[PDB]
Structure formats: C-alpha cells, structure tokens
Amino acid sequence: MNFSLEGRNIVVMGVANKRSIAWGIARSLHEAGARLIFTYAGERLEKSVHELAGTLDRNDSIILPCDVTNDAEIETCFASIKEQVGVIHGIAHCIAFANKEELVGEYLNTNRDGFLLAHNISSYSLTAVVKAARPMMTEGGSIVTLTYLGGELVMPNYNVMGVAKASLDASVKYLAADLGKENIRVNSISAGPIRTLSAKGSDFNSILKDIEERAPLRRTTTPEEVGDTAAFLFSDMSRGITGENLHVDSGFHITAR
Amino acid sequence: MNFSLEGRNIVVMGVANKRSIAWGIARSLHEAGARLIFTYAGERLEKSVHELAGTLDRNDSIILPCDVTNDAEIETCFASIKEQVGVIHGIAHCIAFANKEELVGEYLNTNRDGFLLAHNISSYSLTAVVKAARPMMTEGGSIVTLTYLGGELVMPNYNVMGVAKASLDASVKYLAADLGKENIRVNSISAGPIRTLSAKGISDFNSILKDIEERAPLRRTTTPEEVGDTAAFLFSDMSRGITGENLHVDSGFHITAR
Amino acid sequence: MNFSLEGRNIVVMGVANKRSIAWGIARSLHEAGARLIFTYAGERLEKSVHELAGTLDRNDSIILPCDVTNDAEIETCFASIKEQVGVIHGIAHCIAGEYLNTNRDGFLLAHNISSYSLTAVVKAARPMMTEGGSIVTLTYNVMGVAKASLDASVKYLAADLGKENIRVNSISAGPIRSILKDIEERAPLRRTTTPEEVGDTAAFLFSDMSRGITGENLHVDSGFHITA
Amino acid sequence: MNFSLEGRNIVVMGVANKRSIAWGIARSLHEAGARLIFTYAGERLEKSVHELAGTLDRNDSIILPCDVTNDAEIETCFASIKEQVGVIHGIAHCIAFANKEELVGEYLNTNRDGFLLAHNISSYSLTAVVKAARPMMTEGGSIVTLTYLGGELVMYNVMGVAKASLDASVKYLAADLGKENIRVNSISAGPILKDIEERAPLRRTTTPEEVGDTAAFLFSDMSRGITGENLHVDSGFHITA
Ligand SMILES: NC(=O)c1ccc[n+]([C@@H]2O[C@H](COP(=O)([O-])OP(=O)(O)OC[C@H]3O[C@@H](n4cnc5c(N)ncnc54)[C@H](O)[C@@H]3O)[C@@H](O)[C@H]2O)c1
Ligand SMILES: NC(=O)c1ccc[n+]([C@@H]2O[C@H](COP(=O)([O-])OP(=O)(O)OC[C@H]3O[C@@H](n4cnc5c(N)ncnc54)[C@H](O)[C@@H]3O)[C@@H](O)[C@H]2O)c1
Ligand SMILES: Oc1cc(Cl)ccc1Oc1ccc(Cl)cc1Cl
Ligand SMILES: Oc1cc(Cl)ccc1Oc1ccc(Cl)cc1Cl
C-alpha cells in the first residue's frame, strides 16, 4: 500500500475560512491527490468557499450547501454529490456548534435547548451525514470527525461542548461497529487548540500560551499537522484502524498536571 | 467519620417497581437512616410507588410526581420538596429512556428525533434536576446517577442509549467541577445488567446474564442491593473525597471485556 | 448492609508513621471493628508501628516483620498470621527531574517493591482467605511506571480471585499534607485530600457494602482526576 | 508535508523471521525509503536477520548484535551505529518476553522472576535503548513500540502487566523528549482469531503490513503533531466487549 488518494472522492464539510481546520485538511487531502467536495452552511459562506476551491491547484472541486440540522436539505446535498461524482470514498466532518453564553464559567449556564442544540449540531450531524452518504460508499471508505480533549477531561469553559463531544466520541465507536462490515472506517482526531472562527467562543491566548510551555513538544498544533493526520486516516495506510481517536495536539493529552 | 444517613433527605427519582435499581437504592438509603423523597413519572406510577414506599420500616417517606422532560413540572416538584423538608442532601438520578426500535440491530437505526429524546431524558435530565435542586442544597450534598458499560464500549444493541450515556458520563464530570465549591459531589454508579422493567427492550437478556455468571470475575450477576449499598457509601461522608468518579458495580465484568 | 468490620482480620502493610496513608487506613478500619495485623520492614519500624498500635482503642493488633522484597520472609510472615488467627479477610497494601534518571536496576527495584509485591503477598494470603476477602492497594517518573504495572495487576488479580469471592481494587489518593496551593484552587472540592478520607474509602472497600466492586480504581483526590 | 522516510536512519529491533511484526514493519519503512539498521540477539537470529535483510533492494541496511538485557552491549551497539551512520531518526522497538507457562491459566501462575523478567525485556528495554540512542538523535525523531489490548484490561497475564509498564514508559518518554523534538508512540496490534474475524468491526484479522503502514506514518513527518499516543491496529477490536 501507498498514501495517495487519487481516485478517491472525499467530502470536506465545514470550511468557513482560511483558518478552518477543515480547510487545513482540505489542503492535505488535495496534495495526496484526492478530489474534494466541499459543503457549507447557509449562503453567506458561498463565496468564501468557492474562493478557496479556486485557489486549490487542480480543478476537481464541487461546492454544495448543507445545513446539518435538517434532514431534508441533507439528502439534497448527497443526491447532488452522487449526481456529480457517484462513489464517495470519505467524509471529513468538522462541524460543531454551541451557544457561546453557555461556554462561560459554569457548565450549568446551559439549558434544555442549548444542550439539545449542541448535541444536534456537534454530535448528531455525524450520524445524519453518515446515513446519507452510506448508500454511495460502495467501495468502502474512511470517515473522520474532530473532537477536543474536553470530551475526555474538563477544560475551563468548554462546558456543554465537552458533553456533546463526549457524545460524538461515543457515536464514532458505534458508527464504526455498524460500518466495518462494509469496509467503512470511522475515527476521530482530537486536535489541540488552534485559532479559528469558532475558537473565539473565552480566554484563548491563555490556552495557546500554556501549551507551548507545558506540552511535550513545546509548541502548538496547526491545521497542517491535523490535515496530514487526516490524510493518513483517509488513506489505506490506516486500513487497520477503526473507531480510534488520535490526539494531534503536540502530546498535550499526556500532560494534565 | 460514620456510615449513617440520619438527618439527610435524599430524592430518589426513577422508582417504577420492586425490580428497579432505584428501589435497591431506596432500601439501602432508608436502612442507613435516610429520609426518602420519591418521584414517579406521571400518574401511571403513582399508586405503585406509594405501595412500594409503604413497605419501608419508618413512615416519613414523601412521594411527588416529576416528569423530567419539562422545566416547569421539575421546579414545581422541587418547590414542593423545599416546602416539606427544607434541605435536600442528595439525589439518586435513576432516569433513562430511548426508543426501543433504536436499540435493536445497528446503531444507525436511530434518527434525529430519537437521538435527542434519548439525550434529553437520559443525559440532560440530570443537569435539569440539579439546576432546580441546587438552591436547596445548602449543607453539602451528594448527587449520584446511573450509567452503563455501553457508554465506554460498544455493547451489542445498546446503541444510541450508550451514546446518551456517554453524554451523561461527561456531564457528571462538568457538574462535579461546577458544584464541588458548594460542597456537592456528583458521581455515577455503572451497574452490571439486572432484570428490570427497562431491561425488556434490551433483547436477548438471559443470554447476557448467564454470560456474566461465567465470564464475570465474581462469577455472578449484579443485584440492586449491591448497587444500593454503593450508593449508600456515596451519599455518606465516608465518600467525601470522591467526586466526578464512576464506580463499576458489576461483579468486575468491566475488566473482562476490555 | 453493614459498614462494620467485626471479626475481620486485616493485614495492613506499609505503616511508617502517624503521617502514613497506611495509618489513616489503619485508624478507619480499626474504628469499624477490624482486627489489624501490621507488618514492618526492618527493625527501625518495628518500634514505630508497635508504638502506633498502642494508640488504638483495642490491644488486639498483631505485629510482624515482612520484607516484601523476599519471598521466604513473606511465606514466614503469613505462616505466623495463620498460626495466630487462621484466616484473613483483607490486605491493605501501602508499600512503594526527567523520567530518564532511572536505570535497569532501579527500574526493576521500583517494580519489585511497588508492583510485584501485591502479587507476592496475595499468593501467600491466598490459601488463608477462605471466608472471602477484599484487597486494596494504594496508588514521579519511574514510580508512575511501576504504579501503572500495579494498576494492571489489580485487574489480573481481580479476574483470578473472584471465583474465590476475593475482591481486588485500588485507591488513588491525591497529594496530602507547594503544588498543594494550586490544587486547593483547581480541585473540584477545593482542598487537598486527607488520610481519613482515604481510610473511610478503604473501609468501604474492605466491607460488604462494596461487594459488587472488584478490579476498580477509586480516586480519593477531591476530584482532581477530572481536571486539566 | 510528505510520507517519505528517505534519508532517515531507523533502528528496527526484534526481527526474527518473515512473520515477525518487526519484519512487516521493516518492509513498510523500507518501501518508504528508510535506511534500516537491524538488531538481533545471539547466533540463532544472526542467520535469519542476515538472510531476511538480503530480501530487500536498495540494500544499504546495517546488521549488528544487541541483547537488550546487558547495558554494555546496548552501549557497544549504538556506539557502532553512531560510527557507521552518524545520526538516528527512529527506533522500532518490537521486543517482548515472559515465560510461556505463565501465559496460561491464572495470572497468579507468574512468579517474581518471570514478572521482573517480563518487565525487563518488555518494558525497560525501551528505556535502555532510548537512553543509548538519544545522543545520536540530533535531527528530531520518532520512537515507536509494540503493545497489545492486554495492558488496557484482561485478555495474557503477566505480559499484560508488563505492557502496562510499557505503555506508561511511553507517555513519560514522550514528555521528556518532545523538547529535543523526538516523538514516542505505541502501536497496539490486533492478533495476527475466529473470534476477531466475526466480532471485530472490520470482520478480519490484523496483518503485519497494516502494522508496518501505521508505523511508517508515525516514523514520518505526516504524524509530527502526535506524541505519547497509542494507535490500535486491530480492525477496531478495542471498541468491542
Ligand atoms: N479549533 C480548535 O482548537 C479545535 C480543537 C478540537 C476540535 N475542533 C473542532 O473542529 C471542527 C471545525 O471547527 P474549526 O475549529 O475549524 O472552526 P471553524 O469555525 O472555522 O469551522 C466550524 C464549521 O462548522 C460549521 N457549522 C456550524 N453549524 C453548521 C451547520 N448547521 N451546518 C453545517 N455547518 C455548520 C461552520 O460553518 C464552520 O464551517 C469543530 O467540530 C470543532 O469543534 C476545533
Ligand atoms: N437494569 C440494568 O441492567 C441497568 C444497568 C445499568 C444501568 N441502568 C440504569 O438504571 C437507571 C434506571 O433504569 P432501571 O434499569 O432501574 O429500569 P426502570 O424501568 O425500573 O427505571 C427507569 C425509570 O425512568 C423513569 N422515566 C422514564 N422517562 C421519564 C421521564 N419522562 N421523566 C421522569 N422519569 C422517567 C421510568 O418511569 C422508570 O422509573 C437507568 O438510567 C438505566 O440506564 C440499568
Ligand atoms: O471544539 C473546539 C475546541 C477548541 Cl479548543 C476551539 C474551538 C472549537 O470549536 C468550537 C468551539 C465553540 C463552538 Cl460554539 C463551535 C466550535 Cl466548532
Ligand atoms: O441503561 C440500561 C442498561 C442495561 Cl444493561 C439495562 C437496562 C438499561 O436501562 C434502559 C434500557 C433501555 C431503555 Cl429504553 C431505558 C432504560 Cl432506563
């Protein structure tokens, strides 16, 4: 086996801008020679994403809208991906949401709607996407999601997000039990803190300063490092790996002390 | 210190019948000298809980309805508890639910509706009950909930229930981090399978039991008494150094599996 | 059903002084009515424990020397336990810059004293624990490696001895007394931990209240295990 | 970056025959353009390692003796690696051992010797070799060791205990060495049955190629954000009951 992804069609859901971790993954998958399929939420993000495919070397790229809440316009999105490429070999799911006033101080500032909300977007969406994409993954494939250490441990201010990530963390395991027999693998990457759109939602430079000082590899993670890990996960090089969670975070996971 | 729960009021949510784990927690806590405040899920259970509580040695037990899917009923229920006993010293969270056709076959038999229902009843309800109960919890406190190995590993057919349990597992940690400053500890018991109402709907059960009688280290299945008695510890001050923890009360099965 | 340790004989290994966690454990178990059997390593401690046994309500404690490093001595210590009481219901095992400051022999030695020793003492206690029993062990660098070895063995021990109604578990106690300050600021419960707290947890693990629990690790640390 | 191991010198230890996981691993690092330094314990393997080492093209490989007990000849070994190649970029540690009568029946079948022996060979040897290799590891690096599910909970006995020691020595080695830009990670392999084949997510068993491919990743710059990690190469067996 080798590492390349040529002839592999991968949807990368969740790019917002040049800082999106999805975007760093997009880049690494493209370098490996995959054909990317971006999906975005709304229509305000329409130009920014087209503007990013454009800047990618080869052509390839398709660009569909997909709000992950809403089964209706999820099917639309994948009926369309099938029209335009047919067999899908992979999905990078990099989509989470929480109310930002629930991510301050106490976990307890959350509430029924906010809680269900975080779980719907951050956790359920993966299952939803997988249900859609499944009929089209007929040559087997690989599914990757992004998680944070806060799913495992208590990270100041991650609060309800941490709970939903724990929910996602677990769904990864189950999805993997269901889909291994169709030779589809499901794993997560657990990225270290990196500056993104969604990253503004408390005391951030605090965390980034601590890591370079406290994490084994005295530095911060990048979207590149993550994308490179993603690239391996989407490649057959990782064919033996399913239901795993890989900390791409300078080893910060081993220091809690 | 000591084992006695004399002078403590503990709210046990989730009694349904004599087989329920909450009922095992009930006895144990009552016999350690606690005053139990029960909650049933709507009027179907009203008569059955009154009859169960009536069997206890002392006759101080309180009995209130509380349907955890609804902020208003929750505070209503808790507003009453406050009037009656003034201070609450613990909660036994024993509430779960998910759609039964979701817990057969592939995890993928779930859907947006059921997933969130399962998370709402099974995971959110804890946070819910704590928000409401927090103002009454003024002399320390112990909150205990019930999870299962399915929230750690893939268990055949546990499926979306296990994912909700994982959400629960995490909330236990975040709640504990929020509430240790007010001297309230939050923990879970991870129970081995026991035959209860809710067990039905978890298909091929006496197969799973028999397995645990052979494979389990302690070579025997769990009892609600075992669980109840670990809850007793947890509610008591003997356990005052423990919070955010998860105790497997499961005859050691968790190790023979992993 | 009861928290009492009436008529339980518990060996408590690893008492050095009034500060020992082992000692907190001793107090709490004595308090629950257990009869304590203390072991010492080297005759400097013989007097330290002998002293401490005397602070205990009842003069029912037995004092024996046991160097966990040497099998023959361990076989002797327990033969003598059996002679005096015949049967034992529990063991409390409280014996233990860069990580790269370790070396073959010190590495083995940590593992010998800190890991293997639970297995060694359990092999000896085995044929005398016929009334069922509970075994509890206490858990930085090469020590952390040895502790990890100890943790894994708890599970292997548990899986083997369950058929004999013998439970094996561990307690992880947070720092007890400068690193302290931040814990009292960063700990869920906002305080270091105490040896009473550990002890009352060991009492639970030694009684029937905990009969369904085997192969587990209990964090007595004011919640610090859940924080980053 | 790139998946190429070109111009990296990686020590591979514990090759013994064409089945050896370390061989599966040798092959994969070789394919990616690494220069392999093989080590062997005593004459039995001397032959096999040489005979096997031959198999490969681009044959720039190195062959030397190294008993992982015996601090001196570990020193002897790496002193020589230094002479012949200057700088080391990785170790593939694939050594494990415990008496077989002890990996049968109860865990309590073990004794003081087999216990310590198992820890020596299976856990300490990683520290021994990282210590001896460290000085010559002056261009960043990657250390990768071989574990299994028995260190995580019950499956295997005293070897599971040893692997737990191993697993903890990894996190520690990682924390010490990140500063010098050296990564330390473990692969936990599936069995290399009838059980795994029908109850593992990917409905199949593990191949040494799957293990080698994962290694190539961790030795390469693709995995540069990862340290103190334990990857399960096991058709998802770790997630099951
Ligand atoms: N940034 C970090 O340090 C870090 C660490 C660990 C995990 N993560 C995870 O990485 C993932 C990507 O976020 P990011 O950090 O790159 O920030 P980002 O804001 O750049 O990306 C988040 C994406 O989620 C999308 N999204 C929100 N609601 C959506 C909806 N309903 N339908 C479709 N898309 C929706 C946004 O459009 C955006 O594309 C998230 O799941 C996040 O939790 C980030
Ligand atoms: N029996 C087992 O094998 C086992 C094992 C591990 C964990 N558990 C857990 O124990 C807990 C209790 O379940 P059980 O097994 O004792 O079964 P049970 O059916 O006896 O109790 C479940 C209870 O939740 C209550 N409930 C459901 N929806 C509610 C809502 N709308 N509002 C308020 N209450 C509601 C039900 O009335 C019922 O009393 C659950 O969390 C379950 O997951 C059970
Ligand atoms: O998961 C994350 C983890 C970190 Cl450290 C930083 C940013 C993250 O991503 C988010 C944070 C908050 C919200 Cl509301 C949405 C998203 Cl996508
Ligand atoms: O969580 C559980 C685990 C086990 Cl082994 C047995 C029963 C359980 O409890 C439930 C199972 C299914 C549903 Cl719908 C509701 C509940 Cl309360």
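Chain A is the first sequence line, chain B the second, and so forth, proteins listed ahead of strands; every chain is numbered from 1. All values below were derived from every heavy atom in this structure, side-chain atoms included, with hydrogens, water molecules and symmetry-related copies excluded. We read in the header that X-ray crystallography, 2.6 Å was used to get this structure. Atoms within a ligand are numbered from 1 in the order they appear, just like the ligands themselves.
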Practice task
Report, by its name in the PDB entry, the chain making the most contacts with ligand 4.
Solution key: Enoyl-[acyl-carrier-protein] reductase [NADH]
Practice task
Return the drug name for ligand 4.
Solution key: triclosan
Exercise for the section: Return the other chains, by letter, having a non-hydrogen atom closer than 4.0 Å to triclosan (ligand 4). Expected result: B
Problem - atom 13 (C) of triclosan (ligand 4): nearest protein contact (heavy atom, Å) - result: B:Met161 CE, 3.7 Å
Practice task
Please could you name the atoms of triclosan (ligand 4) that B:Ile202 approaches to less than 4.0 Å, counting only its heavy atoms?
Solution key: 11 (C), 12 (C)
Problem - Location of contacts on B:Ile208 toward triclosan (ligand 4), heavy atoms closer than 4.0 Å - result: neither
Problem - Source species of chain B (PDB) - result: Bacillus subtilis
Problem - B:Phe97: numbered triclosan (ligand 4) atoms lying under 4.0 Å from its heavy atoms - result: 15 (C)
Practice task
Report yes or no: does B:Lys100 have a heavy atom closer than 4.0 Å to triclosan (ligand 4)?
Solution key: no
Handout entry: Atoms in triclosan (ligand 4) with a heavy atom of B:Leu103 nearer than 4.0 Å
Key = 12 (C), 14 (Cl)
Problem - Ligand-residue contact atoms, triclosan (ligand 4) with B:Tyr148, heavy atoms, under 4.0 Å - result: 3 (C), 5 (Cl)
Problem - triclosan (ligand 4) vs UniProt NAD(+)-binding residues of chain B, heavy-atom distance under 4.0 Å - result: B:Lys165, B:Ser198
Exercise for the section: Identify which residue UniProt marks as active site in chain B lies closest to triclosan (ligand 4), and report the least heavy-atom distance rounded to 1 Å. Expected result: B:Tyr158, 2 Å
Exercise for the section: Return yes when B:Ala98 approaches triclosan (ligand 4) closer than 4.0 angstrom through a heavy atom, no otherwise. Expected result: yes
Problem - Overlap of triclosan (ligand 4) heavy-atom contacts (under 4.0 Å) with UniProt substrate binders in chain B - result: B:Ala98
Practice task
Can you pull out the closest protein heavy atom to atom 4 (C) of triclosan (ligand 4)? Residue, atom name and distance to 0.1 Å, please.
Solution key: B:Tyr158 CE1, 4.3 Å
Exercise for the section: Starting from atom 9 (O) of triclosan (ligand 4), find the nearest protein heavy-atom neighbour and note its residue, name and distance. Expected result: B:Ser198 CB, 3.8 Å
Exercise for the section: State which residues lie within 4.0 Å of triclosan (ligand 4), judged on heavy atoms. Expected result: B:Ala96, B:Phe97, B:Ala98, B:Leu103, B:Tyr148, B:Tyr158, B:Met161, B:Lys165, B:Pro193, B:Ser198, B:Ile202
